[PDB]
Amino acid sequence: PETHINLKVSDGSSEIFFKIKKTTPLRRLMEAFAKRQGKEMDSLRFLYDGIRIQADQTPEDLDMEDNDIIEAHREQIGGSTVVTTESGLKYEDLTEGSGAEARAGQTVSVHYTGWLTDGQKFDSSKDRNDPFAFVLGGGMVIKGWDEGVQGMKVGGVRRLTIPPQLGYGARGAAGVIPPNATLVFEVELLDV
Ligand SMILES: C=CC[C@@H]1/C=C(\C)C[C@H](C)C[C@H](OC)[C@H]2O[C@@](O)(C(=O)C(=O)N3CCCC[C@H]3C(=O)O[C@H](/C(C)=C/[C@@H]3CC[C@@H](O)[C@H](OC)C3)[C@H](C)[C@@H](O)CC1=O)[C@H](C)C[C@@H]2OC
């Protein structure tokens with residue numbers, strides 16, 4: 001407790017905790033975060049109390065205390081935009097796609113991860129090495145997906161925050177999704 005510190009890293013979807021010595025440069029935490037997430041260090045920007053962290057700075061330098069939060073930002077440089085549509089769906093483009101645009105009628109191919117609002121992962125197509133294909137705009141998937149995947153471009157990564165009436169509602173999903181749950185997905189569009 002004297003020499004080490006526990007810190008929370010949030011990326012807006014989930015959280016991972018790290019314990020490092022107070023004299024250890026944050027590089028070690030940043031690298032551990034990047035490796036666990038399968039991301040390049042150079043793709044990530046870290047903030048503490050709104051100030052950009054540099055990798056050679058220590059918790060001691062920044063007067064950090066146990067359970068302080070570091071934000072990890074993977075989204076495009078220049079300032080994020082969370083869009084709320086008329087349905088109450090929210091979406092945020094973490095990566096802007098460069099390819100073909102997804103439109104209703106297409107059988108599109110994606111990877112996804114889904115979390116509850118407390119950051120617990122409930123599913124991932126990547127964890128089973130299994131891209132997911134569906135008829136976009138067909139009513140075959142939950143409403144937040146039909147609405148939210150429309151307009152993505154191939155290469156894009158979009159975060160959907162789906163209120164339960166656009167998800168599984170009061171029923172939930174057996175074994176997996178509670179009644180009245182808000183769902184967070186990161187969807188990566190692979191093909192249309
Ligand atoms: C024969 C049927 C099996 C068939 C299963 C598959 C092809 C495998 C496929 C990878 C699903 C996953 O299997 C591991 C698993 O994905 C979740 O974990 C998940 O991440 C999720 O939420 N997804 C999946 C990705 C698209 C968004 C959403 C969805 O819309 O999923 C859809 C869904 C469940 C829609 C319901 C349908 C009933 C409506 O009444 C309800 O309306 C509220 C909405 C899925 C894709 C359906 O179109 C097709 C199926 O169900 C669910 C939490 C539970 C689900 O297992 C069942």
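Start at 1 with the first residue, then count along the sequence. These numbers come from the heavy atoms of this one structure, side chains and all, not from hydrogens, waters or symmetry mates. Both ligands and their constituent atoms are indexed starting at 1 by order of listing.
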- Which one of reserpine, tacrolimus, voxilaprevir, lopinavir, everolimus is the drug located at ligand 1? tacrolimus
- Name in the PDB entry of the chain with the most heavy-atom contacts to tacrolimus? Ubiquitin-like protein SMT3, Peptidyl-prolyl cis-trans isomerase
- Query: For tacrolimus, which residues make up the site at a heavy-atom cut-off of 4.0 Å?
  - Reply: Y112, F122, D123, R128, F132, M140, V141, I142, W145, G167, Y168, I177, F185
- Query: Based purely on interatomic distance, does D123 place a nitrogen or oxygen under 3.5 Å from a nitrogen or oxygen of tacrolimus?
  - Reply: yes
- Where does the model put a covalent connection between tacrolimus and the polymer, residue and atom please? none
- Message: Could you tell me, atom by atom, which parts of tacrolimus come under 4.0 Å of a heavy atom of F132?
- Response: 10 (C), 25 (C), 26 (C), 46 (C)
- Message: Need the tacrolimus atom indices (1-based, order shown) with element for anything under 4.0 Å from a heavy-atom of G167.
- Response: 43 (C)
- Message: Can you name the atoms of tacrolimus, numbered from 1 with element, that are less than 4.0 Å from a heavy atom of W145?
- Response: 25 (C), 26 (C), 27 (C)
- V141, any N or O under 3.5 Å of tacrolimus N or O: no
- Does any N or O atom in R128 lie less than 3.5 angstrom from one in tacrolimus, N or O only? no
- Message: Closer than 4.0 Å to some heavy atom of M140 - which atoms of tacrolimus meet that?
- Response: 35 (C), 47 (C), 48 (O)
- Task: Could you say whether the N/O atoms of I142 and tacrolimus ever approach to under 3.5 Å?
- Result: yes
- Item | Numbered atoms and elements of tacrolimus in range of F185, under 4.0 angstrom, heavy atoms | 20 (O), 21 (C), 22 (O)
- Task: Identify, by atom number and element, the atoms of tacrolimus in contact range of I177, meaning under 4.0 Å from any of its heavy atoms.
- Result: 53 (C)
